[PDB]
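What follows is a short report on a single structure.
The first sequence line is chain A, the next is chain B, and the lettering continues from there. Following the PDB entry, chain A shows residues 5-52, 57-392, kept in their order. Numbering of chain B is taken from the PDB entry, so the residues present carry the numbers 5-52, 57-392, in order. In each ligand, atom 1 is the first atom listed, and ligand 1 is the first ligand listed. Atom set for the values below is all heavy atoms of this structure, side chains included, hydrogens, waters and symmetry mates excluded. Structure determined by X-ray crystallography, 1.5 Å.
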Number of protein chains: 2
Amino acid sequence: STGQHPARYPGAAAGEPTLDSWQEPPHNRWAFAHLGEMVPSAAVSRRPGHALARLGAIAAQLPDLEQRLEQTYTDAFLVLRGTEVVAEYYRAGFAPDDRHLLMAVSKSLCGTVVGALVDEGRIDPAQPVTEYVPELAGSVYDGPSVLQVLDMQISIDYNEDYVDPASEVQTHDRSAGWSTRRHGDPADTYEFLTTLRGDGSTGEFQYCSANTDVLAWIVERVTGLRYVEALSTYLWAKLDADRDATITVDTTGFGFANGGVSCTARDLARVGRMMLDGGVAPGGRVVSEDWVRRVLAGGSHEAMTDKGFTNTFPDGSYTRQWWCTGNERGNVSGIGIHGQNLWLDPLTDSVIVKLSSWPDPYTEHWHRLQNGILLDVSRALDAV
Amino acid sequence: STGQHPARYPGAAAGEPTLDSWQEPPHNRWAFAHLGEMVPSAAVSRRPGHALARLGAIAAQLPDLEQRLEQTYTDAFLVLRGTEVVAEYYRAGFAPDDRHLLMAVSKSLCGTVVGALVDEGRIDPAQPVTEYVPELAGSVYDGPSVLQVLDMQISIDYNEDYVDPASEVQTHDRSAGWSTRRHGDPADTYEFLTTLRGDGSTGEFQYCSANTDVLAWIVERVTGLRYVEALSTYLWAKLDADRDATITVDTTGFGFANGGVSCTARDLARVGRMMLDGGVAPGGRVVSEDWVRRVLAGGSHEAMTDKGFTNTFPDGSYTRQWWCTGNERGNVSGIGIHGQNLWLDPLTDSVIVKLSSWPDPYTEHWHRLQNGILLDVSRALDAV
Ligand SMILES: NCCCCCC(=O)O
Ligand SMILES: NCCCCCC(=O)O
Ligand code: NA
Ligand code: NA
């Protein structure tokens, strides 16, 4: 058992509706107004081809920028200096207002929601995960603190070989609906999390997407809100965003917090703007000044043993769902596979959003090229 | 085999991507920008409870209207007189700009797209279905004309007992993704259609949702466009709609033309406005004056043997995916289970949209109440 979860709608029974019951009362009143949450759906455009390149200023300092963006399978690119959009790029076929999957940049959004609840005193990072989700007792999450989940400093037996269906990575996707279910798979994401085990050691960084879903579960238990709603209430609805964001949901309606959010590049930049504004957004304060300060400060360097990150950023670290480069510019970034970045450049009070679709989830090759672009663009914003 | 179908994206292989391949190249470039088409997803609101009742004028002639709307599980109600919204109602929890499933009102939208292609000379209703979809040879659709599909005058062995999983109604839903698949089910909607049989007789009305999906298939074969795109290009994009509409799609990306469209009440009214404007919309002509005239004129009365319809509308009929009351007002309406109506009242140059969620798909009880409301509202618009 995974305990109480926020009902899909007011008064809904646990796990209702399902793909086989949404047309039945009393579920249909809700389902008829949110069918996309139950059945894959396509947009029928209200609007009746070519790449849009408006790199403005930085174009002079980076003459071959568009080509570099093409080489890194860039779909959407936007630079926000202060409150102004100073550079934009959208591939042919991708409109400026189209939404794009954020992959793990979604994690930084989840950490932000947790941060908001910490400010309210609803979540104490020093407390064990089980203080909020007792059902995780007996799992790898029995013992570690919420902060250790936030900083991903929990050793977990997590097979990362996607080529193997038995791997935890593939199983995580199947449990959430990102891939076709197989006989024996956990019923939902909550159940999947309870099956995770580890040797009990903590303190060393281990990137694991399951950690973020545990954070979302904690958010639900402390607020009583579906993660989908909590993400809106504590973050999205305060950004004065142009469009709603979307998030994939599993069979119980639980949002895939670790990587299922989609939004426009301009709106994602509003999240960065909030971080560079001490945690304040147009609709109100999202997180405390202290939380933002802690994110920019970075996590323990000693815990960061991922050579894939430290080879590029020797003094890098990770904290509260954000990757911290530890470079001379103090760059911090939300990162997602296939080339997604919500890059913060505090020195120039700028935010760089790059949403892409590399053929591979991750290779040193793509990261070298991607980071080269983000760093060059950041430097191009320096006063001269 | 079901023949050629519009690729999900430029250059996509048949049936790609699937739930298990969307993260792989070259599918991911498209999938990352349209994930809702692959995985159930929820909206994360950009906006931070009570029913909204603005029945305006008709309120005086129909004092208990709001109560009548509540009794018929009304979610959204809107009356457009000419180009003006003269009355509106939205239940608590349903925003004026929220979208609602249209169920079979979706059929009238599909018929409109077919009508547009008839005007272009791309579709000849007198031609057999097989002239456009040869793969339907050997099925109940081998012999009948496209017009007979439009008017639903084809006898089909179609078990309507949803309580039975083997029924065609339940099988249709499973083949399209509206319900959990079962071993042996057709792979997609196209395949399901090819399994349909009948005694060969035609001429008598038989309401069958499979007919509309055949129309959508014809649309795809004649235009080379996914039905989702054709619905936008030939109709939605010409309405100057406030929001995109959405349509559920099966595993191949084929839109559920017979009942999977969702849109706002105000936008649905724009479709009615176009019909009352001789087929012209703000973005251009959608269908010919003749097509609209034929819809308002009705189908053959003798073909209409559905007592459930004729008991209320003795001179009623059906043509080109629209129900024609044949009443003294010449009312015509798009109709969907659970209380959906796109009701046309030419006498007062008005359109009435009623989107609901009755607990039951259909009962004489609900229809009596629903039609009573639509008729009373129509009469309340008459000059006095
Ligand atoms: N298991 C689906 C991928 C989740 C995103 C992970 C990442 O972007 O690092
Ligand atoms: N098989 C799903 C229902 C399709 C809608 C049918 C109707 O509204 O009449
Ligand atoms: Na905080
Ligand atoms: Na026409």
Hmm, looking at ligand 2, which of aminocaproic acid, paracetamol, alendronic acid, acetylsalicylic acid, gabapentin would that be? aminocaproic acid
At the binding site of aminocaproic acid (ligand 2), which chain contributes the most contacts (name from the PDB entry)? 6-aminohexanoate-dimer hydrolase
Identify all other chains that place a heavy atom less than 4.0 Å from aminocaproic acid (ligand 2). B
Protein contact of atom 1 (N) of aminocaproic acid (ligand 2) - nearest heavy atom, named by residue and atom, plus distance: B:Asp181 OD1, 2.7 Å
What atoms of aminocaproic acid (ligand 2) come within less than 4.0 Å of a heavy atom belonging to B:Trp186? 2 (C), 3 (C)
Do me a favour and list the nearest non-hydrogen protein atom to atom 5 (C) of aminocaproic acid (ligand 2) with residue, atom name and distance? B:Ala112 N, 3.7 Å
Shortest protein contact, atom 4 (C) of aminocaproic acid (ligand 2) (heavy atom only): B:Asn266 OD1, 3.4 Å
Quick check for my notes - source organism of chain B in the deposit? Flavobacterium
Check this for me - aminocaproic acid (ligand 2), B:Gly344, N or O atoms closer than 3.5 angstrom, yes or no? no
Answer with yes or no whether B:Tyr370 contacts aminocaproic acid (ligand 2), where contact means a heavy atom under 4.0 Å from a ligand atom. no
Could you list the atoms of aminocaproic acid (ligand 2) found under 4.0 angstrom from a heavy atom of B:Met111? 8 (O)
Give me the nearest non-hydrogen protein atom to atom 9 (O) of aminocaproic acid (ligand 2) as residue plus atom name, then the distance to 0.1 Å. B:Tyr215 OH, 2.7 Å
Which residues lie close to aminocaproic acid (ligand 2), i.e. with a heavy atom under 4.0 Å? B:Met111, B:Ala112, B:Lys115, B:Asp181, B:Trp186, B:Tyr215, B:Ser217, B:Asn266, B:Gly344, B:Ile345
